[PDB]
Participant: 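Complex under discussion: metformin bound to NADH dehydrogenase [ubiquinone] iron-sulfur protein 2, mitochondrial.
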Amino acid sequence: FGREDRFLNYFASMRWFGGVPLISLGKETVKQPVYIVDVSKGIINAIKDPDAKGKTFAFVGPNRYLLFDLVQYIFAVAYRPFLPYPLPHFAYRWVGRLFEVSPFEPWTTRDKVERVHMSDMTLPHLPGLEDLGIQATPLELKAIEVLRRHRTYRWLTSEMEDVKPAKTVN
Amino acid sequence: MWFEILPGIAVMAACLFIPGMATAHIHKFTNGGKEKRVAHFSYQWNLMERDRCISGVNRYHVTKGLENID
Amino acid sequence: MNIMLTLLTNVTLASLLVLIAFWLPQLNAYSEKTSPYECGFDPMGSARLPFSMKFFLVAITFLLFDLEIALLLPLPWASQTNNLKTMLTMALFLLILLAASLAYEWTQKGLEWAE
Amino acid sequence: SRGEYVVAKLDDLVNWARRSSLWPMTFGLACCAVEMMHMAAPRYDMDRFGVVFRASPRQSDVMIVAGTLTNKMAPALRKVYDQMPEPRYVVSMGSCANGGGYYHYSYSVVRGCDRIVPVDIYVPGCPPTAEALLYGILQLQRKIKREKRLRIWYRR
Amino acid sequence: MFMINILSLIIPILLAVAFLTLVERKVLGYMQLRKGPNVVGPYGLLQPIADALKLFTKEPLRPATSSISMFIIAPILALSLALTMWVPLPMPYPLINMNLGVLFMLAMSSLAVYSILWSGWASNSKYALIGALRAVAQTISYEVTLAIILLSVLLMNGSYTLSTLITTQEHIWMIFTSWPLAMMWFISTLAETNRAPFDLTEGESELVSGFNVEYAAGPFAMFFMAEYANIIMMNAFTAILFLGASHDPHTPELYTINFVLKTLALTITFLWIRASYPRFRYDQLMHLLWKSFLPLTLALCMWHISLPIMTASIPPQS
Amino acid sequence: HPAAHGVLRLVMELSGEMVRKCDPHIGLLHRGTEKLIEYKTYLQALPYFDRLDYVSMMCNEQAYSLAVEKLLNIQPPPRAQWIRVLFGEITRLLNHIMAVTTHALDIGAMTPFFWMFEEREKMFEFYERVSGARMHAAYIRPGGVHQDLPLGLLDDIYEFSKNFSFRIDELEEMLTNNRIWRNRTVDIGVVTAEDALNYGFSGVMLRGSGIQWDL
Amino acid sequence: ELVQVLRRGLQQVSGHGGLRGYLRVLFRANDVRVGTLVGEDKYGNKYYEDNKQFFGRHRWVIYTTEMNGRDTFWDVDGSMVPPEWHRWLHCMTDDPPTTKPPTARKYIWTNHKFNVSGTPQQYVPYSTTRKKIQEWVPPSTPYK
Amino acid sequence: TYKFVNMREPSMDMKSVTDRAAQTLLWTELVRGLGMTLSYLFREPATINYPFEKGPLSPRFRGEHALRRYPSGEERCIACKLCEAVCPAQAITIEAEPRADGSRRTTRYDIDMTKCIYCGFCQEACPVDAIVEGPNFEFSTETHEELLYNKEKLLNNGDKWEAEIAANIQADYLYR
Ligand SMILES: COC1=C(OC)C(=O)C(C/C=C(\C)CC/C=C(/C)CC/C=C(\C)CC/C=C(\C)CC/C=C(/C)CC/C=C(\C)CC/C=C(\C)CC/C=C(\C)CC/C=C(/C)CCC=C(C)C)=C(C)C1=O
Ligand SMILES: CCCCCCCCCCCCCCCCCC(=O)OC[C@H](COP(=O)([O-])OCC[N+](C)(C)C)OC(=O)CCCCCCCCCCCCCCCCC
Ligand SMILES: CCCCCCCCCCCCCCCCCC(=O)OC[C@H](COP(=O)([O-])OCC[N+](C)(C)C)OC(=O)CCCCCCCCCCCCCCCCC
Ligand SMILES: CCCCCCCCCCCCCCCCCC(=O)OC[C@H](COP(=O)([O-])OCC[N+](C)(C)C)OC(=O)CCCCCCCCCCCCCCCCC
Ligand SMILES: CCCCCCCCCCCCCCCCC[C@@H](O)O[C@H](CO[C@H](O)CCCCCCCCCCCCCCC)COP(=O)(O)OCC[N+](C)(C)C
Ligand SMILES: CCCCCCCC/C=C/CCCCCCCC(=O)OC[C@H](COP(=O)(O)OCCN)OC(=O)CCCCCCC/C=C/CCCCCCCC
Ligand SMILES: CCCCCCCC/C=C\CCCCCCCC(=O)OC[C@H](COP(=O)(O)OCCN)OC(=O)CCCCCCC/C=C/CCCCCCCC
Ligand SMILES: CN(C)C(=N)NC(=N)N
Ligand code: SF4
Ligand code: SF4
Ligand code: SF4
């Protein structure tokens with residue numbers, strides 16, 4: 001997640017389509033997004049680390065959220081009304097099929113819907129940012145960098161601390 | 001020189017000719033080759049309606065006369 | 001009928017031009033691209049703050065003079081009456097009163113902007 | 001192919017308008033800006049080429065960084081460049097804008113406007129003549145001609 | 001067929017707007033010892049096309065602080081009213097033969113005033129706000145002066161119908177009849193159309209593009225098109241009102257040619273004035289009309305009320 | 001900003017459109033010229049003066065050369081001094097053209113700008129012929145001038161001087177008696193003689209206020 | 001009267017060889033003047049002069065349609081002129097290369113090259129000096 | 001001596017008062033401005049048809065730099081570093097060593113064209129007329145690095161523009 005990302009922008013761009021369609025209301029999906037600067041710093045450190053030659057690293061954020069809580073926090077930071085509703089999986093897949101006929105960059109696809117519904121895996125054995133020397137940056141600190149653009153003039157100047165952190169699942 | 005301004009002015013003039021000439025041609029075409037009737041008052045509008053009624057073809061510009069009375 | 005049709009035509013053409021403008025070209029908008037313009041530096045305050053209007057009195061006088069022109073507009077038909085003497089007298093009465101209002105405001109410095 | 005032919009002709013059409021309708025931002029620094037004024041002067045009239053100065057960065061296509069860029073001025077130049085909408089091109093003019101110029105080893109000079117904004121054309125001189133800047137503008141136009149955005153999209 | 005007539009009125013007007021852009025460029029160039037556009041096509045004839053394509057293929061942006069609803073409406077209103085002002089003009093046959101063919105023009109102009117106001121206010125920028133208030137002041141001044149001048153000139157005519165204006169000017173010209181009102185009306189049309197020396201709402205030297213500072217790409221091109229269409233329309237209105245061409249019912253093409261020539265002469269005079277003169281200051285413009293034009297305008301209105309009565313030359317009502 | 005000369009930040013406090021205070025922020029074109037001069041030699045520091053007021057180049061060069069010659073206790077030859085005076089007056093014409101035309105452009109008049117800038121192009125041709133650089137000549141140096149005039153420069157300067165009074169007259173036909181220009185410029189920025197002297201104004205400011213002073 | 005000027009225009013149409021040549025010169029040079037041919041170089045560029053025109057427009061060049069390996073029918077550069085015609089065109093002298101050829105040297109390039117920027121022929125900077133410090137080379141024979 | 005620019009006063013006689021009133025009501029000076037603008041419209045423009053017509057220049061013109069040679073083909077530069085010493089912008093870097101034949105010749109001669117101020121001191125200080133500022137000025141590049149010249153690039157410029165540079169030096173060397 002970052003300024004030019006897909007994740008936060010994709011979740012914050014559902015304003016135009018009325019409410020927010022979620023599979024099982026987003027109650028069965030757990031995700032821990034990772035900060036772009038943290039990913040880049042880890043990539044740079046892996047180059048300079050001599051004993052990371054043939055390894056596999058997992059880069060995840062410090063907090064795990066339910067999908068519903070994450071989208072609710074995204075809309076709260078963007079200061080947009082949040083109106084979620086459950087959409088059955090086959091209907092959401094058909095909707096994604098409709099949107100992928102765009103010759104240009106599609107807004108959403110069936111694979112994107114599948115990935116959004118899928119929960120992030122837990123891989124304790126693989127190393128991570130703490131092993132590469134990077135402290136993972138929590139979402140609550142850098143969320144305002146991405147979601148301030150999605151606000152209106154009414155709430156443009158609202159401060160970072162004005163929105164409570166989302167309910168984590170740890 | 002200064003005469004290279006003329007072609008742009010000529011094109012603009014040609015563009016400005018089109019509205020009035022087109023309107024005149026459409027008026028003549030849709031009014032039986034005559035000027036579109038100007039009805040600024042109820043009397044002239046009633047004249048147009050009577051012309052429609054007497055024509056028998058529901059067109060006011062179709063004019064009937066002595067050959068029609070007899 | 002025709003006037004409504006041509007109003008619809010003009011509005012539809014303008015809306016289609018807006019749609020073409022906002023959907024044909026490539027869009028790449030970020031926070032700094034859409035920021036307000038203040039000649040390269042950030043604005044000190046907000047553009048929604050009160051903005052002093054030094055000609056407030058002239059606007060009210062404009063309201064009254066708009067009423068005056070509203071009264072004076074039907075003159076071309078008023079010249080077709082038989083009572084030409086009365087019509088001319090009342091038209092000149094209205095115009096003289098308008099001139100007197102302008103003269104009073106000018107002499108009392110209502111036309112001078114606030115400092 | 002029909003599709004490749006259509007996109008090639010469409011790309012030529014689009015690049016022609018942008019090539020022949022350059023609207024530089026009214027933006028000059030230091031001595032190099034006077035040569036822009038002499039370029040706009042009757043002797044080397046820029047308007048005949050389709051090059052018209054506009055004041056608002058929103059209504060501008062090209063930024064001519066003409067003159068010395070200082071540390072106190074760099075944020076403003078970056079801000080106006082950002083506020084200029086795409087497609088946007090940059091022509092740096094003179095040694096100060098190219099590199100450091102006469103003031104390269106100065107505490108209050110940015111050694112090159114390309115440290116701040118991506119530069120498309122570099123015009124060398126101190127100051128480059130109006131003819132030199134006109135040559136740079138024509139070179140920028142030729143660079144625009146070689147862009148193939150629809151051709152990149154079709155084969156993407 | 002009426003839709004075909006509407007299209008024939010609309011599209012050539014936009015073409016004339018683009019080539020007026022080109023003509024103004026070249027005229028100013030040759031008055032300033034330059035050449036103007038002569039590279040894009042033969043004598044620069046493709047320059048308007050290149051500029052239009054560039055503007056409509058460039059990215060438009062909406063400011064973060066802008067009110068988007070009124071940000072989009074303003075160019076729509078401006079262009080729609082600029083195109084709508086052309087429907088009652090007789091050349092020599094109007095598209096829409098309104099009985100009150102002048103009050104419609106006044107009302108639509110007063111409505112087109114709000115386009116720049118709403119564009120400036122919606123932009124949520126200080127220069128746009130300043131341009132909007134300059135528009136307010138300019139509208140005040142030219143509105144009152146235009147109203148009285150038009151009342152007097154049409155009082156010489158008999159009604160508010162432009163075909164009746166043609167019939168009135170069959171023999172001689174309203175410029176001969178009422179040249180002082182003609183000069184003041186020309187100044188008022190300059191102020192109404194926001195041309196130099198009264199380009200205060202978009203004063204480039206004092207403000208960075210004024211009310212349209214935040215407008216780019218297509219929406220800006222719509223403001224430019226509306227401005228130039230208003231320029232041509234007001235010059236055509238002045239030509240019809242003061243320079244009456246002879247009309248032959250059987251061959252109405254001669255009237256169209258004369259009308260277009262007079263309109264082009266007046267538009268070139270507009271460009272000539274812009275090249276020649278500096279810019280006013282909006283308080284000086286307000287004091288120019290209220291303190292100089294308005295008294296003389298009232299005096300001339302009284303004179304033109306009294307003249308037909310005292311000379312037994314009151315025009316026919318119909 | 002078009003009227004801010006590109007590199008001036010003027011923080012203004014406005015009540016409506018009336019000005020309450022002006023707070024010019026300068027230094028956006030600060031380069032450290034004096035420090036660099038301290039680090040350069042006397043010959044290597046002349047172009048710094050050449051680039052200080054880039055509308056009076058040979059005038060800045062002449063001032064620096066006079067300072068260095070005064071410190072050196074030497075004297076330029078008479079031909080060098082005459083060349084310096086001639087090109088100083090040519091540069092004064094250049095600067096006054098630029099000033100008046102940009103003033104009229106900020107006010108709303110551009111055709112005088114274009115005409116007088118064609119004249120400026122001719123004077124740039126003179127500069128380039130005498131020095132090789134169109135504006136930043138670096139021609140006047142401590143001790144005289146770098147090189148002698150070419151064998152047609154005096155005749156061309158005579159032709160230009162002969163055909164320039166008409167240009168000035170055409171400029172005056174457009175602004176001097178124009179009522180709009182008089183409205184814009186008359187009684188604007190009035191400075192008294194005592195205030196000008198105390199604030200340290202020099203040249204055209206003092207002479208406009210009425211002070212009979214010319215160096 | 002304007003009749004004489006119209007005749008001059010028609011002569012320029014005929015002077016260029018007809019409608020085809022007139023249009024070709026008009027659409028690639030934006031000027032349809034005719035003047036004496038001073039000369040032509042090896043690359044196809046033609047050079048004309050007309051002293052009746054004011055200083056600045058009394059010498060001009062019609063660029064070739066193909067230079068080296070580039071199709072230069074439309075995209076004409078200001079750097080395509082070789083040095084001698086460049087000097088004559090920019091009026092550093094009144095003597096054309098045809099009348100006054102320059103001195104011939106064994107090192108001067110035979111074929112002029114225009115601005116090669118943006119092409120695989122562009123200049124790329126590098127250090128022209130060798131390595132200052134020589135590293136020690138350990139022996140290839142083990143000590144043990 | 002001195003003169004007053006604005007110190008006149010208008011005569012108050014009836015004819016002059018009426019003339020001023022006519023000028024106020026009938027915009028005489030505005031018509032004069034229109035007439036001047038119309039005159040300029042009917043005049044001939046000064047625009048040259050670039051790039052087919054080039055602006056005038058002089059043999060003293062300072063353009064792109066070049067390294068010259070003797071007619072024998074030997075390089076003129078003797079690595080004396082006078083240009084490097086006198087360069088106001090420190091845009092010249094020179095490193096030399098004895099050549100295979102013992103000549104005093106440079107191995108590195110770099111000029112930074114983004115740092116040079118084109119002041120011409122290097123060609124003044126050269127005692128062998130090796131470094132010159134040639135007549136070319138149309139050498140704008142699309143990348144920054146292309147403007148960091150070295151000895152090979154400057155020698156190529158000298159070989160490319162040798163005829164014109166030699167002609168200009170012959171024309172202007174009696175004033176130096
Ligand atoms: C240091 O800093 C500097 C300063 O200090 C800050 C300075 O002061 C200066 C000095 C600067 C100056 C002196 C410059 C000022 C002086 C000047 C003279 C500048 C003048 C500027 C102007 C006149 C600008 C005005 C022009 C503009 C903005 C261009 C706008 C162009 C347009 C075309 C407008 C848009 C029009 C449109 C969109 C019309 C579109 C039409 C339609 C949609 C109609 C469609 C019709 C159809 C489709 C019909 C088709 C029919 C047919 C037959 C075609 C079919 C054929 C097919 C092939 C299909 C300088 C240099 C400087 O450096
Ligand atoms: C005088 C007229 C005034 C009004 C003019 C109104 C506009 C008229 C414009 C006509 C030409 C339009 C050409 C396409 C412009 C694309 C702009 C753009 O952003 O492109 C980049 C984009 C680039 O896409 P991308 O895939 O590279 O996007 C990734 C971009 N990054 C990496 C930065 C995120 O191209 C496209 O999106 C493809 C567009 C395809 C074409 C769309 C339809 C055009 C139809 C035109 C008429 C066709 C007529 C029939 C064929 C005739 C053939 C001779
Ligand atoms: C004729 C009516 C037109 C109405 C307006 C339509 C927009 C186009 C206006 C005219 C200008 C055209 C210019 C050239 C083409 C570019 C514009 C264009 O076509 O964009 C298309 C857009 C383009 O996407 P874009 O965002 O990349 O647009 C930019 C385009 N370029 C790259 C060229 C700059 O594509 C689509 O819309 C594809 C998906 C179509 C189906 C979904 C539509 C939106 C969702 C609606 C349904 C939501 C609920 C789903 C479930 C429904 C059932 C329950
Ligand atoms: C169902 C339609 C809803 C439309 C809603 C939007 C428009 C609202 C105004 C009413 C409809 C338009 C006018 C209909 C006239 C019907 C009668 C007719 O044809 O009369 C012939 C008359 C003919 O002229 P006449 O009346 O002098 O002559 C009588 C007829 N003869 C010639 C026979 C003697 O037409 C007119 O007079 C033209 C008047 C036009 C007035 C237009 C007013 C509305 C302008 C816009 C208002 C909204 C502004 C919004 C601003 C932006 C907001 C975001
Ligand atoms: C309403 C919707 C939009 C309408 C758009 C279509 C209407 C306009 C049609 C196109 C306008 C004319 C384009 C062609 C311009 C020719 C001018 C000529 O000079 O250009 C030459 C050739 O033009 C371009 O090189 C080729 C690209 C332009 C033509 C594209 C192919 C046709 C595209 C489709 C046109 C019809 C549109 C159909 C789909 C809408 C080379 O010029 P250039 O080298 O630079 O100039 C160098 C400077 N010189 C002159 C001094 C030497
Ligand atoms: C006429 C309307 C008023 C009727 C009586 C109402 C009295 C109480 C209401 C007062 C409001 C009226 C205000 C208008 C007049 C007051 C204006 C005023 O005080 O000064 C008038 C002003 C002063 O100018 P200066 O002193 O030179 O300025 C110096 C600046 N340094 O001069 C004027 O007189 C201008 C007035 C012009 C219009 C006056 C209207 C009256 C004229 C009536 C003539 C027609 C009579 C009809 C007879 C017909 C015979 C056949
Ligand atoms: C009839 C055949 C004979 C022809 C000769 C007759 C001509 C003489 C007729 C009477 C002439 C009237 C002269 C009065 C005008 C002079 C008044 C005057 O000078 O006022 C001074 C002063 C100067 O203005 P300032 O604001 O100070 O300028 C800024 C300075 N820093 O002016 C004023 O104060 C304003 C005076 C009131 C203005 C009145 C204007 C409105 C009335 C005119 C409308 C038309 C006339 C109305 C009907 C007239 C008949 C009743
Ligand atoms: C005088 N200088 C340096 C300007 N930039 N001037 C200007 N009017 N833009
Ligand atoms: S490169 Fe030279 S002329 Fe240009 S701004 Fe720098 S010092 Fe001035
Ligand atoms: S011209 Fe001047 S700044 Fe440039 S390299 Fe030569 S001595 Fe250095
Ligand atoms: S002054 Fe001349 S000889 Fe000396 S190092 Fe420089 S280029 Fe070589």
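Each chain gets a letter, A, B and so on, in the order its sequence line appears, and its residues count up from 1. For the numbers below, each heavy atom of this structure counts, side chains included, while hydrogens, waters and symmetry mates do not. Each ligand, and each atom within it, is numbered from 1 in the order the structure gives. Only a part of the entry is shown; contacts are counted within it.
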Participant: Name every ligand number or chain letter assigned to metformin.
Facilitator: ligand 8
Participant: Quick one: what other chains come closer than 4.0 Å to metformin, going by heavy atoms?
Facilitator: F
Participant: Which name has the entry assigned to chain D?
Facilitator: NADH dehydrogenase [ubiquinone] iron-sulfur protein 7, mitochondrial
Participant: Any neighbours for metformin? Other ligands or ions under 4.0 Å, I mean.
Facilitator: ligand 1 (ubiquinone-10)
Participant: With a cut-off of 4.0 Å on heavy-atom distances, which residues and nucleotides contact metformin?
Facilitator: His5(F), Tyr54(F), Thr102(F)
